[PDB]
> 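Pulling up niflumic acid bound to Band 3 anion transport protein for a closer look.
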2 protein chains.
Amino acid sequence: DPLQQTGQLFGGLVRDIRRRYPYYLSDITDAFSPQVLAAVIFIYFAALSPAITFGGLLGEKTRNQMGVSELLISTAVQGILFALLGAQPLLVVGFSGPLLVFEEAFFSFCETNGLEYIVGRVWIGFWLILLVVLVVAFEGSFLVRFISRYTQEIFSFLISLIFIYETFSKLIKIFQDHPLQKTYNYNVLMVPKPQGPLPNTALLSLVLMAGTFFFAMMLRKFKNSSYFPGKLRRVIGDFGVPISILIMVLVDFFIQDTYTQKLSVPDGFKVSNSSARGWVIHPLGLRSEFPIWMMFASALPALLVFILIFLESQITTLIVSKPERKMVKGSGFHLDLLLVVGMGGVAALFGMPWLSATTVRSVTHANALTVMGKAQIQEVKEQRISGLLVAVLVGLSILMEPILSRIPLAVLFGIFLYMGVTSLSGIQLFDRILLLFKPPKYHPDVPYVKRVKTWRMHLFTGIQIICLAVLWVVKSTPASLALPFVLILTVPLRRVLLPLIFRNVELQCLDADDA
Amino acid sequence: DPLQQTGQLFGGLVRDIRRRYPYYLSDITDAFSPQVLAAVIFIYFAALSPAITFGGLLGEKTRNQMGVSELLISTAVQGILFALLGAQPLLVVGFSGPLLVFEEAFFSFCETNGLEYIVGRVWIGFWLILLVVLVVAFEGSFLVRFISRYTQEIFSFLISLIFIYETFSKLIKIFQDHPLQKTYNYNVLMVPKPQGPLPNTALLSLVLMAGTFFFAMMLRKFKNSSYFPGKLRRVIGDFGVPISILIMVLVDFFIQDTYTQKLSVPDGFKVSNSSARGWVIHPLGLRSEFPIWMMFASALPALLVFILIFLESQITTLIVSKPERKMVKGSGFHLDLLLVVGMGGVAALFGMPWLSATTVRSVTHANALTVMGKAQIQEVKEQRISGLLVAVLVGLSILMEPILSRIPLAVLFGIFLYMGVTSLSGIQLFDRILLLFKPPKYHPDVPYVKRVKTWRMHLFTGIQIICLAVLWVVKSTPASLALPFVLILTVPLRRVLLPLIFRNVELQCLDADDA
Ligand SMILES: CCCCCCCCCCCCCCCCCC(=O)OC[C@H](COP(=O)([O-])OCC[N+](C)(C)C)OC(=O)CCCCCCCCCCCCCCCCC
Ligand SMILES: CCCCCCCCCCCCCCCCCC(=O)OC[C@H](COP(=O)([O-])OCC[N+](C)(C)C)OC(=O)CCCCCCCCCCCCCCCCC
Ligand SMILES: *[C@@H]1O[C@H](CO)[C@@H](O[C@@H]2O[C@H](CO)[C@@H](O)[C@H](O)[C@H]2NC(C)=O)[C@H](O)[C@H]1NC(C)=O
Ligand SMILES: *[C@@H]1O[C@H](CO)[C@@H](O[C@@H]2O[C@H](CO)[C@@H](O)[C@H](O)[C@H]2NC(C)=O)[C@H](O)[C@H]1NC(C)=O
Ligand SMILES: CC(C)CCC[C@@H](C)[C@H]1CC[C@H]2[C@@H]3CC=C4C[C@@H](O)CC[C@]4(C)[C@H]3CC[C@]12C
Ligand SMILES: CC(C)CCC[C@@H](C)[C@H]1CC[C@H]2[C@@H]3CC=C4C[C@@H](O)CC[C@]4(C)[C@H]3CC[C@]12C
Ligand SMILES: CC(C)CCC[C@@H](C)[C@H]1CC[C@H]2[C@@H]3CC=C4C[C@@H](O)CC[C@]4(C)[C@H]3CC[C@]12C
Ligand SMILES: CC(C)CCC[C@@H](C)[C@H]1CC[C@H]2[C@@H]3CC=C4C[C@@H](O)CC[C@]4(C)[C@H]3CC[C@]12C
Ligand SMILES: CC(C)CCC[C@@H](C)[C@H]1CC[C@H]2[C@@H]3CC=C4C[C@@H](O)CC[C@]4(C)[C@H]3CC[C@]12C
Ligand SMILES: CC(C)CCC[C@@H](C)[C@H]1CC[C@H]2[C@@H]3CC=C4C[C@@H](O)CC[C@]4(C)[C@H]3CC[C@]12C
Ligand SMILES: CC(C)CCC[C@@H](C)[C@H]1CC[C@H]2[C@@H]3CC=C4C[C@@H](O)CC[C@]4(C)[C@H]3CC[C@]12C
Ligand SMILES: CC(C)CCC[C@@H](C)[C@H]1CC[C@H]2[C@@H]3CC=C4C[C@@H](O)CC[C@]4(C)[C@H]3CC[C@]12C
Ligand SMILES: O=C(O)c1cccnc1Nc1cccc(C(F)(F)F)c1
Ligand SMILES: O=C(O)c1cccnc1Nc1cccc(C(F)(F)F)c1
């Protein structure tokens, strides 16, 4: 198994290298298939748009200390390294809401205490570099084995709901910014962006979203359909999202008059605010002499940042490398936790954000490479060039501004909704949530339906909604960085309370390692 | 069989009365089911909107000689009579494109020759009253037996394509009338209707259409799905279009600012133009003494009007009363042709327009009453109160203006697109057109796939497209009232050329009476 206690110091790192690197030729040569090129295109727009979204949200909140340029270079650099060195290349490394909430929370603290933020992270980085090596030394990444399906399901579901919620709030914002009014003022500037509201902007956006999501779902239906020859049907199905986007991007191109929000990158490869910082950030104070207490008190935030990246990256790896998916290569949790956290702490030195292995984009990347037949899984295309070319494109995103400038965010929102529903494909919790509305006569022929009672099977599914409810309440409240500690409290339940209120035969059936 | 030559004078009319009228108690008492009330609501909006559409088109073209008021009263009066007296009440009687093209063509002639149009039709009416009785006397409605599936298929398909084409051209017209412009003038009157173009009108219409059609198709998918209890799932599925409309009508109600075209009826039960005509039209000239040559030369148009109504109403009756549909009551072609044409010729006397039995609304009405199980057909709800209550509502359409005034045409266009695809459900031509794109390995297990060769089976399907192509070309060209003569030339092919180029075993399999 991958999470066995070796005992020998850095045995978990070495066995993960001894596991995957013998298959390094297959990790390059399995990327010649056309389904992989279709994944690169799909996952590029999946990887880029958050780097633009979170990039803008950071700058706005951190006064350009770290913005779109630093996140794009981080996401590009760490992505290329992790693509070439990672134990699971299908893990797409990038910046997340969890991290966004920390950066702004550390800034808000740094301004109050009179500390140079871009410097304060370089210390947090050194502790993340220290803590990860100390964990990887004692094979602490083994603890992944104790992360059960139950928690992986709650993690798989909660983030899928958030990614869907964020997508709609992104469309709702266009109706708030450009409401359906009887009259509109045309004496408004459009150089920075529309100052006041405009006609035809918000409904065309809705149409551009609804159109792309439609063309996405129909092409997913078409992929595993009976129409057209098998060779042409799979190619069209594999290039589903690329065709979905291309159509609805051309739709808006031929609408000359109507404005709608496009993709926005910086002018070139420059620091967001030259007055604030440089490329390389000095630990002992860039301007004002940095205090000695924060140089050692940065461990407390780093312990928090570690957990956020750990429980994000590792649970993502469990979900992406499940037995039910045909994962021939395997997975290395020790090397993945080392790289993701290690690169992040080093990235802080250059005033660029530390990243994690985000589930949706990682899941989406695997799902886009996962083949289907007859339906069941036959062979999941496992290689590095997919995860590499995504990071390379996110690096070149600033240089290829003329191509991105004609792509509406409305079109991208259609694909994020598709990614949201596509992520819920192989989640037994969602599949059990479906049985809540189905009558008991029509339930699927699965062990947890046959061997367990229906009224008890729904109570388990119900207790996971009690978790999701509490998990969603913590997300909204000020104490949002306490979510990892509430998510890791999920294990104690499945280990004590659930067994205490259930029969062992039911758990094994309900919560199984494989199907 | 229904179309047997009795020989005895009016034997075909009497046997159709002796057929159905013993089941007259079941023709009332099968309308207590909730699926029938759902059909009334659906088919009302299906029956009304064309009475508004074609009414406006007549008035516009005939200078209010016959407009929305006369078509609504005709469609109401003839509908109630035919609902109570008809051999097949599922036939929804109303005005069609075929008739629209005649009325405007007879007006265009009447103005040139200096003839009172509203008077000239009263003569055409007398010949329609004469010709139908002469046909029903010799059981001429028997000729229906010779109308093969091949022609019924071409008829079923061509009209379904037209009804879909007309629906989209109705949406395209909103984008022509309210284009996506950079600027809009708000110094425009809205009393008659918007004079110049407006913002948010065209895309909200598109959204209102796309929304209703979505909610229609998902509820049709939900109807024969596994979710929710069987008692509640069928009710929601049966009231599919009523719920689809209700949602998207409320959507637009809560949009205060944005204009979009609503349902428009006249003020009250009045003649469209009091200056032109009255209620009852005098045959020997209302104002100017009507010429004696037109009193007898009105037979030539009446012969044309007869054929248009005959080939519309009878082929509709064959399609609605096919063996594959569970039609327990049966059908009477002699009594249906008598009423539809007889009432029409009498309706001309009051300047009101003559109607036909239109296929889509008749098919839609049967399809809405046709139940599904497991899928296959179990029992088609055959009754009169459905066809009655539709005509009663179309009569009350002017009185219930405050309810219709809040219903957008955009919402109705969603339902006409649903009706368009719903009409193509049980058509072997469409089902064979699907096999054109399917590979030959995946073709359905049906006699005409098993017993006939695939390459020969597609050539038959291909020759029907050669017909549809020619049929569609005649529709566009000036000689549009020659379509019935090109449609009745379909029989000679299936009778001579097709058998000449095919093997008898193939025809029986391809062109079968039952499945
Ligand atoms: C199970 C399916 C149910 C879902 C239903 C809806 C599907 C999702 C939405 C539609 C798919 C994407 C199409 C986007 C087209 C954008 C139209 C537009 O505004 O731009 C062009 C233009 C916009 O104007 P314009 O400004 O570009 O005009 C160009 C010409 N100049 C510039 C000179 C004025 O619109 C049109 O011309 C009208 C076309 C409308 C598109 C037709 C769709 C009708 C909606 C009903 C249902 C649609 C399909 C149903 C799905 C299943 C199929 C059986
Ligand atoms: C089978 C797979 C594909 C089929 C579905 C194809 C996708 C598009 C379907 C077209 C119809 C849209 C849904 C029904 C009608 C609701 C829209 C409406 O009128 O309100 C929007 C309204 C109308 O615009 P509005 O904001 O002006 O509303 C009025 C409010 N004022 C005037 C005050 C500003 O906009 C919203 O508020 C947006 C919320 C809805 C977001 C929908 C985005 C489209 C994404 C697809 C959703 C539906 C498919 C999901 C299921 C299929 C597969 C899982
Ligand atoms: C770029 O950095 C400069 C400082 O190097 C920022 O200037 C500060 O602005 C904040 C509020 O915006 C003030 O509270 C500080 O007093 C300013 N400090 C100095 C030294 O000017 C500036 O805001 C930053 N600009 C951007 C791009 O946000
Ligand atoms: C109502 O009927 C009158 C009476 O025919 C119509 O008046 C005619 O108008 C047309 C052109 O619109 C002229 O060619 C005729 O010379 C007019 N005749 C008379 C006697 O006035 C009038 O157009 C009709 N109005 C409506 C509602 O269309
Ligand atoms: C040295 C620290 C601060 C740098 C961070 C990376 C650490 C964890 C890396 C760098 C070099 C690595 C060592 C390189 C070689 C070997 C020999 C092998 O037979 C056992 C593992 C061992 C001993 C590795 C353990 C992990 C290691 C110490
Ligand atoms: C312009 C932006 C918004 C969209 C970019 C999408 C582009 C790159 C996508 C959309 C459709 C794609 C094509 C779809 C199918 C095939 C056939 C395959 O045998 C080779 C690749 C090829 C030819 C793809 C190349 C990439 C492609 C052209
Ligand atoms: C194809 C693979 C190997 C590379 C893809 C990403 C490349 C193009 C990106 C990633 C990070 C980028 C660098 C980031 C920062 C700087 C500093 C600036 O003062 C000059 C440009 C320079 C040096 C950039 C050049 C382009 C760069 C190297
Ligand atoms: C915060 C909110 C949304 C919590 C929602 C939890 C819901 C879905 C849970 C809580 C209790 C659960 C119920 C507990 C017991 C039973 C009885 C059984 O015979 C059928 C299922 C049924 C009826 C469950 C269905 C799901 C249920 C209603
Ligand atoms: C005015 C007449 C001549 C032409 C119009 C015929 C109309 C009114 C129809 C409708 C009802 C019909 C009658 C119904 C029943 C019968 C009984 C049958 O054993 C002989 C024919 C006879 C008597 C029919 C003759 C034609 C008839 C009278
Ligand atoms: C206002 C316009 C646009 C829409 C009108 C549609 C109305 C009449 C439709 C929409 C949904 C329908 C309801 C749907 C389901 C049921 C349950 C059934 O057991 C009795 C009828 C009843 C209660 C229907 C009555 C009619 C209804 C309310
Ligand atoms: C419920 C069933 C029986 C009837 C439904 C339709 C009714 C309401 C319609 C159909 C035709 C209509 C009539 C058509 C013409 C006129 C002439 C006008 O000068 C007064 C109203 C009057 C007399 C209408 C009254 C309402 C009416 C009788
Ligand atoms: C005028 C335009 C619209 C063409 C209309 C007729 C078309 C659809 C017809 C004419 C001849 C037909 C082809 C005749 C023979 C074959 C060989 C068979 O193994 C597959 C179908 C195929 C390839 C047919 C497909 C449909 C076809 C191309
Ligand atoms: O989802 C948010 O907005 C959020 C914000 C702050 C902290 N945690 C958050 N949630 C969240 C989402 C995914 C993974 C994780 C986890 F890895 F830390 F467990 C947390
Ligand atoms: O559909 C048209 O545009 C049209 C116009 C004039 C005559 N005939 C037409 N077509 C048409 C449509 C359905 C049924 C019939 C028929 F019944 F007359 F055969 C004709």
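Here is how names work: the chains are called A, B, and so on, in the same order as the sequence lines, proteins then strands, and each is numbered from 1. Whatever order the structure lists them in is the order used to number ligands and atoms, beginning at 1. The figures here come from the full heavy-atom set of this structure, side chains too, leaving out hydrogens, waters and symmetry mates. Determination method: electron microscopy, 3.2 Å.
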> Indicate which ligands or chains correspond to niflumic acid.
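In this structure, niflumic acid can be found at ligands 13 and 14.
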> Which chains, by letter, have non-hydrogen atoms under 4.0 Å from some atom of niflumic acid (ligand 13)?
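By letter, the heavy-atom neighbours are A.
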> Any idea what organism chain A is from, going by the entry?
Homo sapiens
> Under a 4.0 Å heavy-atom threshold, which transmembrane segments of chain A, UniProt numbering from the N terminus, are near niflumic acid (ligand 13)?
3, 5, 8
> Counting only distances below 4.0 Å, which other ligands and ions neighbour niflumic acid (ligand 13)?
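The other ligands and ions are absent.
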> Which chain residues come within 4.0 Å of niflumic acid (ligand 13), judged by heavy atoms?
A:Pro98, A:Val101, A:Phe155, A:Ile159, A:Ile162, A:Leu308, A:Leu311, A:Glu312, A:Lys475, A:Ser480, A:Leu483, A:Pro484, A:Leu487
